[PDB]
A.B. asks: 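The following block contains the structure, expressed as structure tokens.
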Amino acid sequence: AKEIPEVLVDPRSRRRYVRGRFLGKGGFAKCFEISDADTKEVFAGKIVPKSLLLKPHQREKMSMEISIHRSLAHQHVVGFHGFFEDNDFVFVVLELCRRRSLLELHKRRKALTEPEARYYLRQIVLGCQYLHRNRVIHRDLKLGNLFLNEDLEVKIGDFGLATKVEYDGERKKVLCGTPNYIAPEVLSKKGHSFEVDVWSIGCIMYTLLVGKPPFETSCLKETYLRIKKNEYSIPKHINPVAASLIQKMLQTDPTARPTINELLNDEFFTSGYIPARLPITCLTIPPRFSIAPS
Ligand SMILES: CC[C@@H]1C(=O)N(C)c2cnc(Nc3ccc(C(=O)NC4CCN(C)CC4)cc3OC)nc2N1C1CCCC1
Ligand SMILES: [Zn+2]
């Protein structure tokens, strides 16, 4: 049956982690709060049984995720704190993000206020700017892997579909996985690069401001059809400045979209209010951003 250890030992680093509260599954992984027995620090452990990694192609995908994520360090990227293995499991040690993800926020709040959307989108963009400048395309940016720490700071996570651009002008021809907010050039199998991440942020912005994703249908294949045909509409109550930026990012032609470095210079950010921080209450109650308290 094979059972997960209660204490996880890294023989190289000599660090031991006591397995705590179950957090949920993430793909092939069962995830847990894990705490270092010496420093008492808490991390999110991702635990993958090798019995699900029998195919070299699976191991290579798991290897590449680790290889990419371990190379990154940024305020808006999930912290990578180690990985190790025994004969039965791969153990990955990640930054624990105690407020889960924007997916759980979205399920509770639906459409956010515009300043909340600017706030989160700014941090998503800063993290993605960092990725692209280090030649990493994430390829799976979605509400569920945009994690939130205690301070409601965004941490981009789940590098399971990410890839490294190895040379200038390289077009990736293959994406082995099913991303949520999939760019049309991936779907049409015509070669893709960094612009797919800007498509996805486009979709995240729409979802954050509208309360639902732009191309949703009752069948994934019908969704793909719509994406390829660029069949979406922005509700009339969305402000023209926001709607303009969504439109720019959601263009069929990847070369037409803004690049990650242009986004924060958009009128959407520069001429609107961006809170310095959000109160914890924003997880459940719309903020009014009032100037003083009564
Ligand atoms: C490690 C994988 C991925 C990741 O990459 N990081 C960095 C991550 C960082 N932080 C967290 N944090 C929490 C995630 C879930 C919960 C939570 O409360 N889960 C409840 C458990 C019982 N269940 C009935 C209802 C859900 C609490 C978290 O922090 C206190 N999760 C992360 N995940 C997730 C772990 C499962 C899917 C993805
Ligand atoms: Zn494959």
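For chain A, we keep the numbers from the PDB entry: what you see runs 37-330, in order. Any value given below was found using the heavy atoms of this structure, including those in side chains, with hydrogens, waters and symmetry copies removed. Header says: X-ray crystallography, 2.0 Å. Remember, it's 1-based here, ligands and their atoms both numbered in the order they're listed.
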A.B. asks: Which pharmaceutical agent is found at ligand 1, per the PDB annotation?
C.D. replies: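 It is the drug BI 2536.
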A.B. asks: Which chain is the chief contact partner of BI 2536 (ligand 1) here, under the naming of UniProt?
C.D. replies: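 It is most in contact with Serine/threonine-protein kinase PLK1.
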A.B. asks: Which residues and nucleotides from other chains come within 4.0 Å of BI 2536 (ligand 1), counting heavy atoms only?
C.D. replies: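 Sure - by heavy atoms, that gives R57, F58, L59, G60, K61, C67, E69, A80, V114, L130, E131, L132, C133, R134, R136, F183.
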A.B. asks: Tell me: protein heavy atom nearest atom 12 (N) of BI 2536 (ligand 1), and distance?
C.D. replies: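 Here the nearest protein heavy atom works out to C133 O, 3.1 Å.
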A.B. asks: Under a 4.0 angstrom heavy-atom cut-off, which atoms of BI 2536 (ligand 1) come close to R134?
C.D. replies: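 Matching atoms, with element in brackets: 29 (O), 30 (C).
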A.B. asks: Distance under 4.0 Å to a non-hydrogen atom of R57: what atoms of BI 2536 (ligand 1) satisfy this?
C.D. replies: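 This gives 17 (C), 18 (O), 27 (C), 30 (C) as the contact atoms.
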A.B. asks: Which heavy atom of the protein is the closest neighbour of atom 2 (C) of BI 2536 (ligand 1), given with residue, atom name and distance?
C.D. replies: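 For this ligand atom, the closest protein heavy atom is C67 SG, 3.8 Å.
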A.B. asks: Under 4.0 Å from atom 23 (N) of BI 2536 (ligand 1), is there at least one protein heavy atom?
C.D. replies: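 There is no protein heavy atom less than 4.0 Å from atom 23 (N) of BI 2536 (ligand 1).
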A.B. asks: Can you list the BI 2536 (ligand 1) atoms lying under 4.0 Å from a non-hydrogen atom of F58?
C.D. replies: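 So the atoms of BI 2536 (ligand 1) that pass are 21 (C).
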A.B. asks: Which UniProt domain name applies to the region of chain A with most contacts to BI 2536 (ligand 1)?
C.D. replies: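 In chain A, it is the UniProt domain Protein kinase.
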A.B. asks: Going by the atom numbers of BI 2536 (ligand 1), which of them fall below 4.0 Å from some non-hydrogen atom of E131?
C.D. replies: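 Close to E131: 7 (C), 9 (C).
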A.B. asks: When you measure from atom 8 (C) of BI 2536 (ligand 1) to every protein heavy atom, which one gives the shortest distance, and what is it?
C.D. replies: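 Atom 8 (C) of BI 2536 (ligand 1) sits closest to the protein heavy atom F183 CE2, 3.7 Å.
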A.B. asks: Find all atoms of BI 2536 (ligand 1) within a distance of less than 4.0 Å from any non-hydrogen atom belonging to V114, and give their numbers and elements.
C.D. replies: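 Every atom of BI 2536 (ligand 1) under 4.0 Å from some heavy atom of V114: 7 (C).
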A.B. asks: Please list the nearest protein heavy atom to atom 19 (N) of BI 2536 (ligand 1) with its residue and the distance rounded to 0.1 Å.
C.D. replies: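 Nearest protein contact, heavy atoms only, for atom 19 (N) of BI 2536 (ligand 1) is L59 O, 3.1 Å.
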A.B. asks: Which ATP-binding residues that UniProt annotates in chain A are found with a heavy atom under 4.0 Å from BI 2536 (ligand 1)?
C.D. replies: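 Of the UniProt binders, a heavy atom is that close in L59, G60, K61, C67, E131.
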A.B. asks: Nearest to atom 5 (O) of BI 2536 (ligand 1), what protein heavy atom do you find, and at what distance?
C.D. replies: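 Here the nearest protein heavy atom works out to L130 CD1, 3.5 Å.
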A.B. asks: Taking atom 26 (C) of BI 2536 (ligand 1) as the reference point, report whether a protein heavy atom occurs under 4.0 Å from it.
C.D. replies: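 Protein heavy atom within 4.0 Å of atom 26 (C) of BI 2536 (ligand 1): present.
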A.B. asks: Nearest protein heavy atom to atom 37 (C) of BI 2536 (ligand 1), by residue and atom, and its distance?
C.D. replies: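 That would be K61 O, 3.6 Å.
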A.B. asks: Which BI 2536 (ligand 1) atoms, with their elements, are less than 4.0 angstrom from a heavy-atom of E69?
C.D. replies: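 Close to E69: 30 (C).
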